[PDB]
Amino acid sequence: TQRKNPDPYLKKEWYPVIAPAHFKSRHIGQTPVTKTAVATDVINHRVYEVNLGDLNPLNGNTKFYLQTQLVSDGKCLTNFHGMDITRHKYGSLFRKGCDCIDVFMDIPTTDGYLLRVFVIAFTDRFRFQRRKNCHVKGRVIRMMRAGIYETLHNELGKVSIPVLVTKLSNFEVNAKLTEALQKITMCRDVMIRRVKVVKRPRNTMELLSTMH
Amino acid sequence: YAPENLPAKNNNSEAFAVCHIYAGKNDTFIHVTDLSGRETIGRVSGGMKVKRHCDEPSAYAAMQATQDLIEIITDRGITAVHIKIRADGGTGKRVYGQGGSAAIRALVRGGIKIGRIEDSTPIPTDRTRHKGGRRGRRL
Amino acid sequence: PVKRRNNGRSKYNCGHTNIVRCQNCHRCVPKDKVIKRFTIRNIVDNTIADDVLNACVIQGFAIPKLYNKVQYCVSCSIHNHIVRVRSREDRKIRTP
RNA sequence: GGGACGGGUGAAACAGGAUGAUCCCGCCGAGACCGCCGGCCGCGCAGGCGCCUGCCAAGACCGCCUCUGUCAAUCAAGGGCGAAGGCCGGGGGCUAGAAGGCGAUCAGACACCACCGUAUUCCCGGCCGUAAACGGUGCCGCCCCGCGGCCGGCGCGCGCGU
Ligand SMILES: CC[C@H]1CN2CCc3cc(OC)c(OC)cc3[C@@H]2C[C@@H]1C[C@H]1NCCc2cc(OC)c(OC)cc21
Ligand SMILES: [Mg+2]
Ligand SMILES: [Mg+2]
Ligand SMILES: [Mg+2]
Ligand SMILES: [Mg+2]
Ligand SMILES: [Mg+2]
Ligand SMILES: [Zn+2]
């Protein structure tokens, strides 16, 4: 049954991993891999979860997903793949006594991507309100959902991957969402929960060149 | 180990790995993996250090296993790690065991730099039916 | 005779409610009859929080919390001292 | 990828592992279900009711110097709906799990604990017509101490606050 084998780490070597130019700190780290027996084809399409705070040393509760698409000059080149918040923040948002709206929409880019965007929101209590609960009537909720859809469509209807990445990094969409929703009523929190890529074109080389 | 078999050294920054802690109620796992969860640098379990099945998830076994893992990974050239602590989850206890904190303190007192810490326990948006029946473990 | 006016549950203006499972024994209980508590705790015990912060490389880091809602059945809450058997007059008290 | 245990219990033992398990990661397939918000909130004749989008018909409440003019209440017979389990004929097959098997405990254990697992649990058409189907309080109508909380609608007052 039992048998001994040689130490595998006597035939490994490391590669560097780099991030798109939207961020200040572009060295994610290094990855091990086994020598050809091909490494340049085996370290491809690997996904890395990087915190936004480390990418731009308000940011510690958001992380990005980056995928390698090309190996060149002994380095791995990555682009956008996803976006998410941390679990503790999500758990902290919820509160007893208020209702929440959780919307999602599918948005197509100009580079051939189809994205699914999830938006969450919460209601708050007025400064001078007799009651202690923050529940609202149905028409207000419908108006909030309609406003969310309208703002999302108008702010991301015709966007590209670099512009979307910059907007996500600097929270502009959150800014318009909260600005618009506050015109309907009190809105404690309004952000984007996460972004998913559903389908992308098979060949993305000019896109990669532009990002890096 | 030849230098090309190790991460490139740079005073600019130190190599970062990821440690996965499984703090179960019957065993504990300490798993070190690179930034992408595909390359395994060192793996140890609490059942490799005890002779009684009931002490596999105890803190002492976790500490010894963490010491062994420390030795291995330092030999392989790693200095800092992120933490991903988890429980059974999946319609289960959803509470950490008693070996997780022991492993964390062993890592801290073992001369390792710590990065981020997060929960990774699997939780459903909604679940299947669990075992026990509608009367539960009657005992 | 009747022991409580609420019949041991908070059920008003309805006939049926969705069920939940006890987190200790996995018994099936009505949602309105189950004992619920919300807890907020640090991932790391406060004893080693200072040590972790000392070890941490990040600047301005904050220890994450854990948010869990625990639900227990009548039998398990009494066994684990989550609730207590009170006197006839104390049973009417609704304040913690 | 990596290399020796893993599972489970009060403690153990049956099933899993060099045919590389447990663990990490990515993809694929199917079928259930609708969480934290979620409540001395609400809806419905009752049984019951919680993903996104769209369509369809309906209902109680309030407001009114709108219409008719007793057209009403309760009811054997009769008709309709009716949790879960169960049955007939077709689909589907993931969790759980009657029956059955097996490991423990015991004086015994064919039970409580552990593991595997058929019918069933899901959909369509149709039977059955029972529950601590409980507010253990039949339906319509009048008078009736005081204090207070919440939901829906309407009106008054001001220093305009939900
Ligand atoms: C239902 C299985 C029974 C099998 N055993 C007999 C031997 C035994 C000896 C113990 O002393 C250490 C012991 O401590 C927990 C448990 C047992 C179990 C007992 C089981 C009987 C069961 N019903 C009666 C009371 C009881 C109490 C228990 O304590 C929590 C218990 O643990 C699961 C099981 C039981
Ligand atoms: Mg008992
Ligand atoms: Mg009595
Ligand atoms: Mg009932
Ligand atoms: Mg049925
Ligand atoms: Mg009766
Ligand atoms: Zn419990």
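Chain A is the first sequence line, chain B the second, and so forth, proteins listed ahead of strands; every chain is numbered from 1. Atom set for the values below is all heavy atoms of this structure, side chains included, hydrogens, waters and symmetry mates excluded. Partial entry shown, contacts counted within. Start at 1 and go down the list; that is how both ligands and their atoms are numbered.
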Please tell me which drug sits at ligand 1.
-> emetine
Which chain forms the chief contact surface with emetine, and what is its name in the PDB entry?
-> 18S rRNA
Emetine: other chains within a non-hydrogen distance below 4.0 Å = B, D
Which residues of the other chains approach emetine to under 4.0 Å (heavy-atom distance)?
-> B:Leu139, D:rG10, D:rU105, D:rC112
Emetine - covalent bond target | none
For chain B, what name does the PDB entry give?
-> Ribosomal protein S14
Which organism did the depositors list for RNA chain D in the deposit?
-> Giardia intestinalis assemblage A
